[PDB]
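One letter per chain, A onward, in the order of the sequence lines. Using the numbering of the PDB entry, the residues shown for chain A are 20-84, 90-260, in order. Chain B uses the PDB entry numbers throughout; the residues present, in order, are 20-84, 90-260. Just so you know, ligand 1 is whichever comes first in the structure, and atom 1 is the first atom listed for that ligand. Computed from heavy atoms alone, side chains included, the values below leave out hydrogens, waters and symmetry copies.
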2 protein chains.
Amino acid sequence: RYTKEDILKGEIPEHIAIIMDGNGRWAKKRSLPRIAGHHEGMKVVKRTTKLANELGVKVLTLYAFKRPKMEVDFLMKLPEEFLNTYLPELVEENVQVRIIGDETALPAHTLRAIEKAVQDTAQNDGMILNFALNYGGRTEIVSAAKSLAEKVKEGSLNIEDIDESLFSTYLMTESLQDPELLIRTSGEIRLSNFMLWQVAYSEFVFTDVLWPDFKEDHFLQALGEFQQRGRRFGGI
Amino acid sequence: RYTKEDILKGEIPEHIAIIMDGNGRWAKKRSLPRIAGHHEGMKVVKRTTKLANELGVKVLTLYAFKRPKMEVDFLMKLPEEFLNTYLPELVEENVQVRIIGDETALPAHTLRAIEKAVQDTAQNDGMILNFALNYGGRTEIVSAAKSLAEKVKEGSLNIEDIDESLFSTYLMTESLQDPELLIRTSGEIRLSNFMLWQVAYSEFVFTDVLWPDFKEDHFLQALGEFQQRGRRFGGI
Ligand SMILES: CCN(CC)CCOc1ccc(/C(=C(/Cl)c2ccccc2)c2ccccc2)cc1
Ligand SMILES: CCN(CC)CCOc1ccc(/C(=C(/Cl)c2ccccc2)c2ccccc2)cc1
């Protein structure tokens, strides 16, 4: 219903966090192998990234969350295929690439590619493409707690100086703003341990559309849902 | 659609956390004053509490979240009216009453009534009636962080002993289990800073029904939604 020219008339969130899910369900739905669904999801990452760069979005976060060895090794090579394919098309769009999570659970060849893509994009000031690999909201909160405790132990930080502001700075999204919008696909209505502190005041849009089928139109429909939320009477 | 005898056939969550919202919208909808809507919400708390005690629920958490002086003072006296009216009917049902949040933002007369109701219900082992007054998820997380930092400063706790388990114990819901189900009313699809750590793996049910209109039937329908979620193929 909502077209591109209707969404550009409306407010564009500055930070959108999408939960990409349903790659496997989409492979079964199409009688394809699972790794094919993960490949298609990798391509949807790019379509969405370009669309969000067009719309004025400033930060865009992506998260994708047992599996046999083959599928795990295929997944841990998708970042390299994604960067060896679309990194020139992203530096051309002034997009900064960053990664949040535990990088130590990636193999070296993948981390080198990731780090190179980050460093070739640090001098940019356009949209931010934020990837969550091996990311746990609870483990982020506990690690911020533990670093704060380290600083208290050394004596460089007094316990009465800790507040919501200082605590946000110790999260993996420190130089970032909280997501104005959260999107979740595959039909699940949960958070599944993603950015718990950050989605406190975030509008949640849920949708049964699987992540490979989430192209330009469904993203626009999600933005129309958001914008209509913004323009609801009755008060609060 | 789902009757009581259909819901009792299915799985009953052990911990349900409801976000009571829309008391004001319900007062306007019925041309009543706002304080009347808060009174009706107070009565719905009891209907729901009895229904959940019937269904086998073990813990039931309730949260209700600027206003003119009159409405604030009326609200801070609703706990006493609620306890002076329904506390015998709750001790008769073996319900334990507890309160989480900042109690120091209540006046003394209210805190004395609350504390008395807690102490007259400590010797019970039935359902738990958990009230969130002046409760902030972010402030709960930061306070747990700060107590942990205090224990590290004194030397009674080493920083390598802190984990998701130990961190849960420092939240206001320490002796409690995470909510299997979260319900939110008034049509809003957000969390609004409620139990961020706890709803990590919690099924969220949203409903436009205002909290005064949330009687027995809508609670059953929410439980049917949950139970149908539990019995969905396609996998994960
Ligand atoms: C098997 C290892 N898992 C943990 C189980 C963690 C590592 O898996 C992942 C590997 C790649 C990605 C990923 C993309 Cl672009 C992807 C997006 C949508 C659907 C599927 C893959 C990516 C590529 C480059 C940078 C950042 C992200 C996400 C998780
Ligand atoms: C004005 C003060 N606010 C903060 C703005 C905090 C204090 O307000 C509140 C006062 C009472 C309650 C409340 C009940 Cl039962 C209630 C439930 C549903 C709808 C309206 C009221 C209650 C009674 C006894 C024990 C526990 C809860 C909740 C918040």
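- Most heavy-atom contacts to ligand 2 in this structure come from the chain listed in the PDB entry as Isoprenyl transferase.
- At ligand 2, the drug present is clomifene.
- Other chains within a heavy-atom distance below 4.0 Å of clomifene (ligand 2) are, by letter, B.
- Applying a heavy-atom cut-off of 4.0 Å to clomifene (ligand 2) picks out B:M39, B:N42, B:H57, B:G60, B:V64, B:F84, B:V96, B:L99, B:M100, B:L102, B:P103, B:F106, B:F155, B:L157, B:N158, B:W235.
- Other ligands and ions closer than 4.0 Å to clomifene (ligand 2), given by number and name, do not occur.
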